[PDB]
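Note: chain IDs run A, B, ... matching the order in which the sequence lines appear. Chain A residue numbers are taken from the PDB entry; in order, the displayed residues are 1-621, 678-742, 765-928, 992-1044, 1060-1578. What you see of chain B is 1-19, where the numbers are those given in the PDB entry. Per deposition record, electron microscopy, 3.7 Å. Every number for a ligand or one of its atoms is a count from 1 in the order of the listing.
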Amino acid sequence: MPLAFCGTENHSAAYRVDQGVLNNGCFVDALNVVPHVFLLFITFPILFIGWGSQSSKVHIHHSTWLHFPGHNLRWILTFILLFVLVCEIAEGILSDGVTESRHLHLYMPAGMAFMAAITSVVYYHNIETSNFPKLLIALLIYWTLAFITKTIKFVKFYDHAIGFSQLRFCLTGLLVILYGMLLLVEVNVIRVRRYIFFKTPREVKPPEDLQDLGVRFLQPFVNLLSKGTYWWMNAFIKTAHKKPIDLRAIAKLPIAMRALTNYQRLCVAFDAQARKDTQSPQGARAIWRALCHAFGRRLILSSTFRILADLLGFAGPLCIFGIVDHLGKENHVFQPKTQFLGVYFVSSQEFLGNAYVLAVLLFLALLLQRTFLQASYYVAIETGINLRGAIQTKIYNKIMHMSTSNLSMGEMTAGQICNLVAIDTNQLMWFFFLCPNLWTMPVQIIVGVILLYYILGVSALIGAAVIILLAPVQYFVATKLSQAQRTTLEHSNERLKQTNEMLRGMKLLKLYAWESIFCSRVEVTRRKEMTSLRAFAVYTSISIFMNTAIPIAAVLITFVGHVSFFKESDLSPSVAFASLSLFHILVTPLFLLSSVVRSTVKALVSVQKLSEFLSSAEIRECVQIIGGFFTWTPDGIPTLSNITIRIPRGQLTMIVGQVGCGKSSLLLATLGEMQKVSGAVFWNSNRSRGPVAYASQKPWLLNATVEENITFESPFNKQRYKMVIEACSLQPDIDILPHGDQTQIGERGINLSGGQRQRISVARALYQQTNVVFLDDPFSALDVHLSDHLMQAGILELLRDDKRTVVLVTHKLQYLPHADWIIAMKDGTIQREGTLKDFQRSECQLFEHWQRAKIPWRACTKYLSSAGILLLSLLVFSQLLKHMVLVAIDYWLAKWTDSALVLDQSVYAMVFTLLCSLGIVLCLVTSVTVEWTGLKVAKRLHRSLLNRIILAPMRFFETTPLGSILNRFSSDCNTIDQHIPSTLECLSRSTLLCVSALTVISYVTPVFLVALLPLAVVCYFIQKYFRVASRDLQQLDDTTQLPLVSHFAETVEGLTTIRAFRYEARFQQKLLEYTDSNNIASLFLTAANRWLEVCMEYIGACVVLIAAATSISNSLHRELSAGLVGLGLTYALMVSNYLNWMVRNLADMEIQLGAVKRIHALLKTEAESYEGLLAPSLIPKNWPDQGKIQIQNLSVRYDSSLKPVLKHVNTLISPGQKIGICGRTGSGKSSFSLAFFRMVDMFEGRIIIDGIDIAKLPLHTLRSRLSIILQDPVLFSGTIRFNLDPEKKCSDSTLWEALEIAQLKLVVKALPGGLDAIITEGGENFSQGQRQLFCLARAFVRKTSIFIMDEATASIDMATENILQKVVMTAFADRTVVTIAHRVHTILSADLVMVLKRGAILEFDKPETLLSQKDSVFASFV
Amino acid sequence: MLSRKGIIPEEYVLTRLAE
Ligand SMILES: COc1ccc(Cl)cc1C(=O)NCCc1ccc(S(=O)(=O)NC(=O)NC2CCCCC2)cc1
Ligand SMILES: Nc1ncnc2c1ncn2[C@@H]1O[C@H](COP(=O)(O)OP(=O)(O)OP(=O)(O)O)[C@@H](O)[C@H]1O
């Protein structure tokens, strides 16, 4: 009885070749073996020679691809003929398993056809990579050969009169037209590329996007299986573990996603609509129609994949119902009825009612659901990202035409348009991510409600009414959540600005011993934010609570209704577990549908925002102006008219005019940026415009290097840059910043001063090599007179050797009647534009003669010092107890259904209610404990970060910038307050559900764990490589969308400078490079996420296959009783999207715990301990009023490394002798001024204080009674009485003495509040003398005898005189001073003085006149 | 149990400053 091919019954009577050769029903299957082994045995030498040549030379293996025409339908026909060949294997096994013999002619041809079709697509792939089309002649003669043999078999089935009743007739007719239809695909290749029989072949090249050198993101040009399963990602993602992902390692990007290309497509759509339609604006509906018209051809494709993914989703619970129903009722028949020609044909009802066949059908349904779902995700993502590209370029195109009016720009500042780019366009992008959901998620829910009613009955409609009343509850909780988050975040903005004003003036607040009191003024605002954050935690626990206790209450209400209330159709375990798995596939879209509805409302609001922006007023469509009309409102009232002035080439026009008489309007009207109503503009550079150089009254600099704001995207030569840096006095300006030509100048970088920024803008105007140069008052704020004179003489000299026009419009009348062709604007009109002698004839000259490590160190430190074990134990215990209860509620359903099908039943229902009650109660406990632990976490970490940043030396603030401390304060507190606890609840639910699910799978099938261990290893490595790639692409996402919104700020601010140069096109390309570097980082983050999700979900599909096969096998024989088996299969389906969530939430927890690692690292910088090593009240007096601090040889250092400065200075301040001691400003001025206050490391010597020990004094009390003034003053915002004395807050009459008799009386008494008004962020237009007024106020009120002074940086001469008069009052009232003043030409008035240059005792003059008589002290005074 | 699959977009007025 050996392995016969045909039947071994009737003594080999099925081999009788009589009655025809083909009418023997086994010989036709013998024919079908022939073409498949023909292809294998003609394409094994081809494939192995090909595979060897890649093992010799594989460098060019990622170079150039060309798919043959008809490629996508080739692959989908191979997949669906693979599907039906698996079905004929299933039919063949189930038909031949009814007789005594083996009957191998039912599943030898189908099995070898399966391997032949797989090898016929590997051969096609190895011939599509290498353009050699004449070698797939073998494959087309295969398909015509295989089509003929199944044509033989099908027409003999019609002649043996099977008909469509038996199953293999239907399948064979289906796969006859399969091989026929892709044979027709093969002759399409013959027809198009014309290689076989045609005299001239058409030869195509690989496309230009592939042939470019660096393109890594090769997803739009790869075969269909690699688009489905992201196989190309592997060579990228495995590379990411050796070398990190630099921005050169990411792609350039393909042509289909370049920001210019999507912008072209979107502009074609807008132009086509506005021509054919009668819409006068391109308003809201116009933009809305245009986006759909340009991107519907992809968005419909994403929705198509999503609908197919939804239907193949419901072939999961349907397969559980079929499996468990057949696994009940004894497995009685297991044999086919039909017997045609002695062979048994399986009836199709017996086919799709079998156990293993329906299980393999379940497996193949999941490998198509969970691949079309991922293709649906990515196509929705990729079309959304191409909206980000085209809409940012569209917004920026209408930045390049926006007028700087008082109505267009006078309404919306650059903060509005930066928030427009960021918030608005991202939520419009998020609408096109969620766009297939509003087309499919209703079909998902509707087909879900319908077939859940067919499975169970009307009690399932009570259950479906519960979950369909869990979408509005999620919506209203999310609405209250967004309200609370709105109020909390715009409250903590005020807290972060207050912390910025308390951490910028670190030296000034530490000098008056005011780090503790200002920390309290921060802590009060923090606790108001903490109340708002507690409301955030309440409204986000209920989202967790509803997500994890609406389905349990739904299941409890469902089955208790069906048995107690209904008594209609008793379980039937198949009915119960099909209903459970349907509830999980319904619970996922429901909570997310609330977020979809939110995104739809925001999308409509967002296109409204972007429509009123896009259709606001534009600007418009040598020098000569005739008509003289120029306005800002686009009709009526010209703000500068009667302008009839001509300034041709070869000129340097100094201009003049009144204060606010239309000066900048006149210059900008020549610039063509004003809507000139009446008049013409003749224009010719030595009517179209040349690159007019310009520098506005308000300065402007790109947030870049100082040379980058000087050369301004132009070539760089050393000679002209050195001359412009010398003439504009820029070498002291470069040295004024600690890096010069590498420091990030301007805003977002090194904080400059007003004179410095005005001089930098003038430098960019001269260097840019232009046929005109406009200087709109450069010498207005720059009070350095000789700088302006050298600039004036140097501007004339530079342009005279260049022969190009200049125009300087200001009131600097020192040169205006001398050597210009001047023009004067009186009352907003032109009087005379001529020579200086004409102004000597119109009465106007009178005025000029008048690692890659991770969590567990940082996560342990986070959980310990933040939570506290009295709640850490409650959190971990409640999660584990809730999940044992969830295993119990599922297992109790299984045990009750087994004992109900084979028939204490009300006992089962009652204990089911008392297990569902524990489910809801434990989920509320876990939902409260996670968010409450996170709330307490943020409280103690914020007080620790504030106190350790307070209890720090000022030397640390010299080392690290204010940018680093403010960033890891504000943004990282946000991450550890509102993002880590929600991620913690999601992570502690996701990994615990996975351990729960695999314990249950291993419990039902103890064969699984042997097949789990290699599967868990593969799951572990996929997890490992994804973390390495996802972290690096995440930082590459963040640090690339930052410079782009930086660009949108820096463009809208200095708009008129860019349109002046006609250098708009270079900034257009800078955006497009930034947008390409953003979209390629965003697309790699998307495609790496999909590679994880496809690969981990296939691992989940293999879980389903192994679990279902071993469970049914152990329930046919070992009698599992099928209650457990349904409980097995309904968790095998849920594994596939718990491994996904475990790995993704672990990656998000990684990046977010990295923002608590940095806060602990910055808590690790502690110094300046308040060490009073005596009896701390006996060492000082009540207040030191001697002023007799004899400094004794106090030698200074900071790091104590290589160079002390102060040496042997045995110098005393006598009581009364207000010793103004100036020295060398290069070495010993600023260092000594800081170290005088015990704010530096005096490593030796003796620093006395009135003869007492100032090394063991209370440093709070020591820094209390010794006042100071500063060089660059700043006012901490608050009350004016808080600006005078926050630690005291003594009385108003002390403030009356202060704010009258010191200074500023006609500002304080003329203020609206007085001493109790809010200092509006520093006193933005108060004075510079308020610094000295606050100095004298704090010197008389805080018992301050000493007053250590520094010089004014920028002040008025009368303000310096008023400071001198207040200094006379300071000696008369405080009697102790030791002053150093960098304004050296005025610092001679003292009693005794010492000039101590380069760290020595070099000059001493106890009378003041002896310094001016001697040699060395006079030379520093000459 | 999905938060990143939810609407990740939130309000961002203050940004990362420097360093
Ligand atoms: C996985 O979600 C769902 C689960 C169930 C349902 Cl019924 C709908 C969705 C859903 O929301 N479908 C929208 C499409 C979607 C949304 C989020 C995600 S993702 O997993 O967050 N991957 C990323 O976001 N990549 C980002 C994209 C933005 C720039 C940076 C990279 C992936 C795809
Ligand atoms: N770009 C503009 N946006 C809004 N209003 C403007 C603009 N330019 C001019 N104006 C209006 O035109 C009038 C004349 O301004 P003018 O050109 O005299 O300023 P300016 O004198 O150059 O400035 P400054 O006096 O500071 O040098 C002003 O009252 C101003 O309100």
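In the deposited model, most contacts to ligand 1 involve the chain that UniProt calls ATP-binding cassette sub-family C member 8. The drug or candidate drug modeled at ligand 1 is glibenclamide. Chains touching glibenclamide with a heavy atom below 4.0 Å, listed by letter, come to A, B. The source organism field of the entry for chain A says Cricetus cricetus. In UniProt's N-terminal ordering, chain A has a heavy atom under 4.0 Å from glibenclamide in these transmembrane segments: 6, 11.
Name recorded for chain B in the entry: ATP-sensitive inward rectifier potassium channel 11.
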